[PDB]
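Drug on board: tazobactam (bound form).
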Amino acid sequence: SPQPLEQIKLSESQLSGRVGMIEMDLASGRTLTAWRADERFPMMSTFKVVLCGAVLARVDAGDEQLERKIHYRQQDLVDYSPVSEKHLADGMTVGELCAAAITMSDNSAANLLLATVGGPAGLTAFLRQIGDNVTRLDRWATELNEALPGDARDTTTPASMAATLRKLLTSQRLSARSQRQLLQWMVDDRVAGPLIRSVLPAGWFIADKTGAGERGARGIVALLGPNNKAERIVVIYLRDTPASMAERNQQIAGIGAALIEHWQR
Ligand SMILES: OC[C@H]1O[C@H](O[C@H]2[C@H](O)[C@@H](O)[C@H](OCCCCCCC3CCCCC3)O[C@@H]2CO)[C@H](O)[C@@H](O)[C@@H]1O
Ligand SMILES: *C(=O)/C=C/N[C@@H](C(=O)O)[C@](C)(Cn1ccnn1)[SH](=O)=O
C-alpha cells in the first residue's frame, strides 16, 4: 500500500466521492494525518458513541443510573431494533440500552437514550458544553442518515469528532469508570469489530463504531494501534459516492492498510 495520504486520494478518485479523515494520537491529541478534516460529513450511526458519552455524564452527576430499567412499548420501536425488540415484556436498563446502541446499532435503544438527554437539541447542547462547536444532531435515529447534499443537519467534521471522542475517553470530563465503560462499549462492537479483527494482522488493537447512510455515506470512528494498544483515534467519513457498500468498505479498509504499513510517522 502507498502512504496514507496517497491512499486517501486514490479512494476519492476511485469512489468519485469526498473522504474526510483524521489520525490522532489518543493520549496526546497529536494530529498525524488530516484530510478534509474541517469539512462536514453526515455522522450516521457514529453519533451513538457521543450519545452514550452524554448518558455517562448524567450518571456521573447522579442524574442517571446505568442500572435504571426503562420499560417501553412496541409502538416506540423504530427500524432495526435487534436487541430492544426482544424486551417488550421486561424492559432494558440504561446501560443495556447503550450497549445495544453502540455494539449492535440498535435504533430504538438509541432513540430511548436520546430522549433522556434532551433529544437531538439536548445532545447538541452537551457537545457545546464539552467544547465541540461544530458537531450537531438534529434528527432521531432512523432519519439522520439521509445525507442530502448541502444539508448541515446531523453532521460532524473529522477534526471535531476525533477531538470529541478523545475528550470523552481521556480528558477526565467523565469519571474513570465512565471512561472505561465507553471504551469497552466500542471494543465490544458486534457489527464491524469481529470482521475487522479477521483482516487485521496479529498484534493490532481495534475498537469502533461504524455508520452508513444515503448517497454513499459511510464512516467509522475507531481506536487502532500495534502491540495491542489503542494508540490512535482514526476517524474516516465518506460522502457523495454512488459506489456499492462493498467498495466503500474496501476503500476504507485500504486506507487502514496504508496506516498499518506506514505506522511510524
Ligand atoms: O506488513 C504489514 C502487514 O501487511 C499485511 O497485512 C495486511 C492485511 O493482510 C490486510 O487484511 C489489511 O487490510 C486492512 C484491513 C483494515 C480493516 C479496517 C481498519 C479500520 C481501522 C481504523 C479506522 C479506519 C479503518 O492490511 C494489512 C496491511 O497491508 C500482512 O498480511 C501482515 O502479515 C503484515 O504484518
Ligand atoms: C448507522 O449508521 C445506521 C445505518 N444503517 C442502518 C439504519 O439506517 O438504521 C441499517 C439498519 C443497517 N445497519 C444495521 C446495523 N448497522 N447498520 S440500514 O442501512 O439497512
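The first residue in the sequence is number 1, and the count goes up from there. In listed order, ligands and their atoms are each counted from 1. Side chains are part of it too, since the values below use all heavy atoms of this structure and drop only hydrogens, waters and symmetry mates.
The parts of the structure that belong to tazobactam (bound form) are ligand 2. Lab note: most contacts to tazobactam (bound form, ligand 2) come from the chain the PDB entry lists as Beta-lactamase SHV-1. By chain and number, the binding site of tazobactam (bound form, ligand 2) (heavy atoms under 4.0 Å) reads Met44, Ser45, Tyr80, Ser105, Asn107, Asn145, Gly211, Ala212. For chain A and tazobactam (bound form, ligand 2), the nearest UniProt active-site residue, with heavy-atom distance to 1 Å, is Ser45, 1 Å. For atom 20 (O) of tazobactam (bound form, ligand 2), no protein heavy-atom neighbour is present inside the 4.0 Å cut-off. Counting the atoms of tazobactam (bound form, ligand 2) from 1 in the order shown, those under 4.0 Å from a heavy atom of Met44 are 2 (O).
Protein heavy atoms come within 4.0 Å of atom 8 (O) of tazobactam (bound form, ligand 2). As deposited, the covalent attachment of tazobactam (bound form, ligand 2) is at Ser45 OG.
Using a 4.0 Å cut-off to heavy atoms of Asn107, the atoms of tazobactam (bound form, ligand 2) that qualify are 7 (C), 9 (O). Of all the atoms in tazobactam (bound form, ligand 2), the ones that sit under 4.0 Å from a non-hydrogen atom of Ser45 are 1 (C), 2 (O), 3 (C), 4 (C).
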Put together the list of close N/O pairs, under 3.5 Å, between tazobactam (bound form, ligand 2) and the protein, could you?
{"residue": "tazobactam (bound form, ligand 2)", "atom": "2 (O)", "partner": "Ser45", "partner atom": "N", "Å": "2.8"}
{"residue": "tazobactam (bound form, ligand 2)", "atom": "2 (O)", "partner": "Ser45", "partner atom": "OG", "Å": "2.3"}
{"residue": "tazobactam (bound form, ligand 2)", "atom": "2 (O)", "partner": "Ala212", "partner atom": "N", "Å": "2.8"}
{"residue": "tazobactam (bound form, ligand 2)", "atom": "2 (O)", "partner": "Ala212", "partner atom": "O", "Å": "3.3"}
{"residue": "tazobactam (bound form, ligand 2)", "atom": "8 (O)", "partner": "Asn145", "partner atom": "ND2", "Å": "3.3"}
{"residue": "tazobactam (bound form, ligand 2)", "atom": "9 (O)", "partner": "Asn107", "partner atom": "ND2", "Å": "2.7"}

